[PDB]
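Extracellular calcium-sensing receptor in complex with cinacalcet.
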Amino acid sequence: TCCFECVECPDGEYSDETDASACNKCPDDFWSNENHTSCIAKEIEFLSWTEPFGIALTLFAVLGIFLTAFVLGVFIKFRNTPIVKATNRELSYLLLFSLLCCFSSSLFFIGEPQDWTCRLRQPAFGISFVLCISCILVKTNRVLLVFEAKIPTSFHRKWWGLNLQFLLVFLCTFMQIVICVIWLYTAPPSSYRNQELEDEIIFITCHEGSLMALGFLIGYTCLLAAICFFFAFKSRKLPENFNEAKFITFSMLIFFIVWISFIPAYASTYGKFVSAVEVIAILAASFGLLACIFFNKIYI
Amino acid sequence: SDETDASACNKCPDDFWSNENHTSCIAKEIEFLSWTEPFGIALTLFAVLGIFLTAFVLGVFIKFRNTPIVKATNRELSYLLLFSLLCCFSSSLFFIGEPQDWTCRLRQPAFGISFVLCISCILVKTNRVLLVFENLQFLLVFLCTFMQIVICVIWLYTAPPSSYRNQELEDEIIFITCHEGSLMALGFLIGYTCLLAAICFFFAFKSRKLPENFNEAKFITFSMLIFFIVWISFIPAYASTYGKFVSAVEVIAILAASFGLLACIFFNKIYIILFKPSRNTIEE
Ligand SMILES: CCCCCCCC/C=C\CCCCCCCC(=O)OC[C@@H](COP(=O)(O)OCC[N+](C)(C)C)OC(=O)CCCCCCC/C=C/CCCCCCCC
Ligand SMILES: CC(C)CCC[C@@H](C)[C@H]1CC[C@H]2[C@@H]3CC=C4C[C@@H](O)CC[C@]4(C)[C@H]3CC[C@]12C
Ligand SMILES: C[C@@H](NCCCc1cccc(C(F)(F)F)c1)c1cccc2ccccc12
Ligand SMILES: C[C@@H](NCCCc1cccc(C(F)(F)F)c1)c1cccc2ccccc12
């Protein structure tokens, strides 16, 4: 026994005595040093505000808010010009508010995840986007109907006349407000500290809990997109001051392009870049919508 | 360790890992985008559909070839464009399977050459303001393709691509990938393929309002815009996919833009020739 050899301790075990005779296991929430001589605390990785990437996504999502505010100001100052009144000046306003809601949803992906944030992350963006899609769809059908008129109108009360314009949007949004409510009560999302995947790093993420709702939401938000194009296809022969086809088929194509190009990184990679690409995709879709439709007219 | 009373635990050879019970060594697992994975059948099926669609289109044009609509445009340039499009979808098929030595070399240049050829046809055709200064069209197309052919060759001499057999991503899993030789050649290839498309997109914007052949310039600028949007997005997707989905991202991007050039420029005229035979040297 007086004669022995020296062998290094394996990963995650340390020693601090002269003749160890055994490797002491590192305590929980700690990891061995480079030389296996003293345990050190692990590292927690999440999309924080200290790194410039976080400072960046935030400094975009303020520029978008400012641009949307500027656009709504023209439609409020020049609220009686023929081309502004050409597009629905009611439903055009409601859309702008929905776009404001859209830019904001992204700021719920920055910072340490918590229960309420993880629960409110997806439904807000889904509701806002479907609200915008419903606004576009109802506006388009009204003009086709106005311009498919054989014999004159018969609306019996002017005010209720504009009730249809607003209630159809709520009817469209009702299906996803339902799905969001039943989902949240029957299995709410919750936070989950994961340390199994990599030994030295603790990951803080959320947990979907029930995944079947995440398929129905995509199916619905997408089905509506298939309707925006068809109506966009049907609305190609109208005159210029009212035409809105090119814009519709480019915005939804951008949406599909981004959210189908970003599938594999989301499917494979784990960690902080998933949230990064989600934020960048949301921002890309929202700008795409805003400048496809409202900017030509804001130039004119 | 195998037997009883082991003084020390033997390491395992580099081509193996160790069983859950640490008793003995088993074989490592090699991962790569295969032809049987459920996520590659969709890509194979999608492509085959594109190939069949291109074959059908070249059918109608070389069958109803004695009509004013097809003769209004140049037939030779249409054949060249259809041939280039047929090679893009087929090229994508070169991005799926076990990476061999020669495949890594033929991955990029084939698509680059095909896309340069297809873009060059549209350029020689945008409202003839380009062609007014000044058969000549074939010479210009050959000159456009030759600079990409040359850059490919100097590159294959000075650094060919080959397999890597990476072992630094997953200790248990062996990754088979391609090492893309040098970066200057790839950067120059991308720069040229984008610079040509930029010029094509501009003159056509410029000539977007001329209603020649059912306003074909507008569809060309639509296709160019689609191509940019698709590839500006390729940046973050690939920059954050780590594993065996880089090939998937590349295939998805290539398939999108190929359909982008085929559909825009062809489907309106395909509909006109096949149905409603009422336009003959009047609306053409
Ligand atoms: C890496 C990411 C990849 C993601 C995949 C994306 C693939 C999509 C890209 C490309 C393939 C097809 C693209 C074709 C684009 C159409 C161009 C366009 O903009 O159209 C022009 C409009 C406007 O015409 P105008 O009013 O100015 O002229 C009026 C003149 N006068 C009065 C004579 C009539 O005319 C019209 O017909 C408008 C009718 C709307 C056209 C429908 C768009 C077809 C989309 C097909 C695929 C979409 C789903 C993708 C699959 C993934 C599912 C998740
Ligand atoms: C893969 C396929 C199905 C994607 C969709 C392609 C087809 C359906 C789309 C893409 C571009 C579209 C065309 C865009 C512009 C015009 C000009 C207009 O005066 C007639 C309709 C027409 C000709 C559209 C017909 C439908 C069209 C050809
Ligand atoms: C933001 C997203 N929730 C995470 C989906 C991750 C994903 C990553 C990459 C691709 C895809 C998708 F394209 F397959 F959806 C999903 C979301 C929530 C709610 C509604 C949505 C409607 C449209 C798009 C996204 C929606
Ligand atoms: C298929 C595609 N090459 C993708 C790999 C790019 C890359 C992969 C890995 C590293 C680097 C980097 F080194 F440049 F960053 C770049 C391609 C091929 C040919 C022409 C093309 C023209 C336009 C767009 C894409 C083209």
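The chain called A is the first sequence line; B is the second; the pattern continues. Note that chain A is numbered according to the PDB entry, with residues 560-859 shown in order. The residues of chain B that appear here are 574-707, 722-871 by the PDB entry count, in order. This depiction is restricted to one part of the PDB entry, and every contact reported falls within that part. First listed ligand is number 1; within each ligand, the first listed atom is number 1. Technique stated in the header: electron microscopy, 3.6 Å. Side chains are part of it too, since the values below use all heavy atoms of this structure and drop only hydrogens, waters and symmetry mates.
All copies of cinacalcet taken together correspond to ligands 3 and 4. Other chains whose heavy atoms approach cinacalcet (ligand 3) within less than 4.0 Å: A. Numbering the transmembrane segments of chain A from the N terminus per UniProt gives, for a heavy atom under 4.0 Å from cinacalcet (ligand 3), the result 3, 5, 6, 7. According to the entry, the source organism of chain A is Homo sapiens.
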